[PDB]
Q: 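Structure with TBAJ-587 attached for reference.
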Amino acid sequence: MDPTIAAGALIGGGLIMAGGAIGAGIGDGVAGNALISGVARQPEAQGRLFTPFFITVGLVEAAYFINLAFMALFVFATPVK
Amino acid sequence: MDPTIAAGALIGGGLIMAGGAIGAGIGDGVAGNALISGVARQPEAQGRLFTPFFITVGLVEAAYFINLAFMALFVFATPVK
Amino acid sequence: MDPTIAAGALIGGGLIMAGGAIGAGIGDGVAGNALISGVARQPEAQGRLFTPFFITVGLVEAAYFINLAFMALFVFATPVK
Amino acid sequence: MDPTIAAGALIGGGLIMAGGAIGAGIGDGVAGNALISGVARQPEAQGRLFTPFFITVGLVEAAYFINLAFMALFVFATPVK
Amino acid sequence: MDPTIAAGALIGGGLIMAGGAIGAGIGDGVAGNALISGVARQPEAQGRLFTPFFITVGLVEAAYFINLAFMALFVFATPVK
Amino acid sequence: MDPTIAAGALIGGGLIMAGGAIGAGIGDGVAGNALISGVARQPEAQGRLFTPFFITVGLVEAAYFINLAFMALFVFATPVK
Amino acid sequence: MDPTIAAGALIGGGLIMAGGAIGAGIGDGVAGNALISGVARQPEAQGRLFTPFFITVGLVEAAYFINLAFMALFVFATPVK
Amino acid sequence: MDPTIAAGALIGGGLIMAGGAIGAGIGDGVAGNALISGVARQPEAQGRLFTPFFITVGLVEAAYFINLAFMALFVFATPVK
Amino acid sequence: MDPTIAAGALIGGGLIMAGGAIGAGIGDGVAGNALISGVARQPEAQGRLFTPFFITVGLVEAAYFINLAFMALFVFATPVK
Amino acid sequence: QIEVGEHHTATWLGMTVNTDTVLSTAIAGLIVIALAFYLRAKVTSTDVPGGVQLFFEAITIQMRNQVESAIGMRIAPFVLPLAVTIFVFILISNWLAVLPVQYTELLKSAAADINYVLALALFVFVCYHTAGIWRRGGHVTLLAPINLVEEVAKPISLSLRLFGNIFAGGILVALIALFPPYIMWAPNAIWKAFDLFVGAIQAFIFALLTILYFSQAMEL
Ligand SMILES: COc1cc([C@](O)(CCN(C)C)[C@@H](c2cc3cc(Br)ccc3nc2OC)c2cccc(OC)c2F)cc(OC)n1
Ligand SMILES: COc1cc([C@](O)(CCN(C)C)[C@@H](c2cc3cc(Br)ccc3nc2OC)c2cccc(OC)c2F)cc(OC)n1
Ligand SMILES: COc1cc([C@](O)(CCN(C)C)[C@@H](c2cc3cc(Br)ccc3nc2OC)c2cccc(OC)c2F)cc(OC)n1
Ligand SMILES: COc1cc([C@](O)(CCN(C)C)[C@@H](c2cc3cc(Br)ccc3nc2OC)c2cccc(OC)c2F)cc(OC)n1
Ligand SMILES: COc1cc([C@](O)(CCN(C)C)[C@@H](c2cc3cc(Br)ccc3nc2OC)c2cccc(OC)c2F)cc(OC)n1
Ligand SMILES: COc1cc([C@](O)(CCN(C)C)[C@@H](c2cc3cc(Br)ccc3nc2OC)c2cccc(OC)c2F)cc(OC)n1
Ligand SMILES: COc1cc([C@](O)(CCN(C)C)[C@@H](c2cc3cc(Br)ccc3nc2OC)c2cccc(OC)c2F)cc(OC)n1
């Protein structure tokens, strides 16, 4: 029956957003854990830590955004149908 | 007929909220660990540390809330029928 | 018809509680490692350290409790049917 | 049929106990690491450190016991049947 | 038909022992890390450090044994049948 | 029939992009953490710390892109057919 | 028929071995990270550091090989059949 | 019935590259973390710090390439067919 | 018929190689992270740091290549039919 | 297509025995004893040592450092010779797999069969148990069950890690054969390169765990 594909898109799309949330969630923590520490150690450096922080968050959030794109391709398009 | 899609929606939504609470719980923990450590080292620092903390908790909680919105979209409003 | 949707509810609820317990059990374990470390280095800090701690655990426990609510919604209310 | 609900409930209970085990284990390991480190660095500290340690373990252990309870409620008293 | 419940019980045991071993192994690793670091920092502490260590390993292992009990309770004396 | 292969690509292709994002999102976090601290310790190091940082992020992002490609090969080529 | 239990033993046993390798391969690392660092700081300590090391690894490897025993029991000797 | 082993090959090959990209992404991340830290500490040690770096990365890549070879065995040369 | 067992062998062998690569890859990170750092603290300690490094790797990689052995027993020589 | 590690066999005392494994372990043993005779004939003392003597002495003093760091050499001197064979008998036992034979090949390494590693690991077990009983007849009593497993898990993990770490090669040498021969050389090359590293690191850890397990046996 063809509805097995839909179920494969919902389960599979569910994995693409489960892995993405573990990517951003921790990737931004392990990155912010540094910024909160750098601003503890040296307050006047808060202006310059945002470049390394938004590079590393920029890369980590790209992994989430791309995933979210493909999840939409999985669930609203279903390429194999 | 619907039932394999309904099971796939529930399992897909389950994956999205499983990965969501892992991303949320561990990112908040690792961000909060640096907050508590900054307040340990420097009692005067608390007001400055809250900025970096709530930036990182924002970037984290967005990823959980977006997963919660997509689980709700799968479970209450299946896109594929 | 209905029993396979009953399966999807039980497995989906199981995933939600599995991810909730991983995110929460580690979250408190990490945020708590800073409390134990701070109170080891500075016994005098124990009064202040509970404010940032109980913020972080709060946010962490929110991710557990929201998942616990959505597992109860999956297994008792079973939305798609 | 009921056996399919039986397999669903068994896999659901397995997931609930599995995520519970991971959470409790790694949380006790990480909170325990700070306790062992505090007792290494400050020889007198073991008395004070058992308050932060049994707070953080008390939370972590809860997230286990709750999953244990819910696991039994899944296998002995299947909510969906 | 029993074979479905049999496979359910086997995958449930598979999940319970996968989670219990991830938790116990990583908990023992992270507790053992602090023990070796304490002995390499303050060798005079080597007598006391077993106390906090075997508390924390005691909690980490309890999470294993229970699981190991219940996995046998799924696999040899299956609750649902 | 053939649908059982289709979902087999959608599920399996999802898994490839799930472990892909957990790989990149955490990797760029744990590499990025060591750049933010470095720059937080001496701002004039941001010039040279990019030489190791973008190497690691290179390696890491390879482990992502390869999974990305392979996901397309699962969803747009379906090899086993 | 029996082939559903057979597959149930391969997937159940596959999980036991996946969780055993994650738990042990990381533990033996997180513990070893101590050892190396100790030897990097006080080479004179090398001879004593193997005592708390192989205690922790003695616990960790057991959690691998008990999982190997239960996987072997599942796959060679399917208890419910 | 070839499609059933086809879908099993795809889910197995998907798991192989899910675990591969997590092992690769996080291993290179944690190694490059130490590389960036050590190059921030002693900028002159860069030329030396690559020889303990390109070993670990090297080693890690083995455990990625072997999964990539076994993925090709599952997908292009499926063992039982 | 045979195809359900052979699909179970591919999924279940895939899990054994997925958890293998995660445990090894991350292990040889957390161990290498202690080697590089060591060779950054005393840039002439490398010579001896190989003695505890290749011990820890030998323990870690074991948990992967024991999985790979048993994966060939799952994939080519399925103990059940 | 690919198949698991089957064997040619012969029956010598009612029990069947593998024809290779026994052949390739004999080829390793004769080369080891051939180096032992050649070195013992070439041996220097007041003059400068050649390549084989400076190699085997570096191994013997590496083992001496390990054993004398672990236990007093007055108590347990025999664990040094037992440890260097466990290094070098195993080292050559892996290295010979680098030379190309395949076309299915008989020349798989001695550790690509479980019987070899079981005999070595079980021998090491009874040896360190006899060491423990010789001295008289863990670090916490209440851990008896783990200290119960230790006595199984030491020989079982020794054998299984040596088997798994080498059996993977015995499979991968066949896997790359499925690729076109005019492009298969490069991954074959890389893997052949890594083979030596894993063979050496594996010989190293088995010898070191043998020493460190002996140290733990002959305690007090
Ligand atoms: C759809 O639901 C969202 C999504 C998103 C994001 O995808 C990030 C999700 N994170 C916050 C958890 C976001 C984004 C994409 C990126 C892409 C690259 Br490549 C690099 C950095 C990136 N950074 C980003 O945000 C920091 C984004 C995307 C599109 C339009 C947007 O503008 C309307 C937009 F903001 C944010 C959001 O806010 C509630 N809701
Ligand atoms: C629906 O179930 C919830 C959800 C939520 C939250 O999603 C937090 C969930 N985590 C703590 C587990 C929350 C939230 C959304 C965010 C969105 C972005 Br974009 C950025 C930061 C965000 N931060 C947030 O919290 C700090 C939120 C959501 C909706 C309405 C809200 O206002 C009534 C609201 F507060 C809380 C809750 O009750 C505790 N129940
Ligand atoms: C019924 O099973 C439980 C659940 C719970 C909790 O969910 C905690 C779960 N973890 C400790 C394992 C608990 C909880 C919910 C939270 C919600 C937000 Br939003 C923010 C912080 C929260 N913090 C909490 O605890 C610190 C809770 C639950 C229900 C009602 C409550 O009263 C309003 C309530 F407090 C505790 C328990 O017994 C110990 N049994
Ligand atoms: C096949 O089942 C086992 C179990 C075990 C242990 O679980 C250790 C498991 N990990 C170390 C690998 C062991 C154990 C149980 C615990 C229970 C609690 Br509540 C608190 C601390 C505990 N600590 C323990 O040791 C650390 C144990 C188990 C059962 C009976 C026992 O008799 C007393 C017993 F000792 C070892 C084993 O070897 C084959 N096989
Ligand atoms: C039956 O299987 C167990 C379970 C347990 C525990 O769940 C601990 C589980 N961890 C070690 C992994 C335990 C427990 C429950 C908690 C509940 C909350 Br709410 C908050 C803190 C809690 N802390 C706990 O331990 C400190 C517990 C359970 C029941 C009765 C108890 O007696 C009053 C009891 F102590 C222990 C055990 O030992 C054989 N067997
Ligand atoms: C929707 O697919 C993407 C992919 C990508 C990347 O894969 C990065 C993914 N990360 C951020 C999670 C990227 C990439 C591949 C690499 C490959 C190797 Br081997 C080594 C370094 C690599 N570094 C990279 O960038 C850091 C990339 C790939 C292709 C074209 C590109 O040009 C547009 C391109 F930028 C970015 C993206 O943004 C919309 N969308
Ligand atoms: C499309 O599949 C790849 C694979 C790979 C690698 O597997 C590394 C993957 N990481 C960077 C994420 C790589 C590799 C294999 C190794 C094997 C051992 Br045993 C030891 C060290 C090893 N080191 C390596 O590079 C660091 C490799 C493999 C084959 C051909 C290659 O030549 C093109 C080649 F570079 C790179 C790649 O780039 C697009 N695509």
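All chains are named by letter (A, B, ...) in the order of the sequence lines, taking the proteins before the strands, and each is independently numbered beginning at 1. Heads up, header says this was done by electron microscopy, 3.2 Å. Atoms within a ligand are numbered from 1 in the order they appear, just like the ligands themselves.
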Q: Under the nomenclature of the PDB entry, which macromolecule has the greatest contact count with TBAJ-587 (ligand 4)?
A: ATP synthase subunit c
Q: Which other chains have a heavy atom under 4.0 Å from TBAJ-587 (ligand 4)?
A: E, G, J
Q: Please give the species listed in the entry for chain E.
A: Mycobacterium tuberculosis
Q: State what the entry calls chain J.
A: ATP synthase subunit a
Q: In this structure, which residues build the binding site of TBAJ-587 (ligand 4) when a heavy-atom cut-off of 4.0 Å is applied?
A: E61(E), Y64(E), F65(E), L68(E), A62(G), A63(G), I66(G), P145(J), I146(J), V149(J)
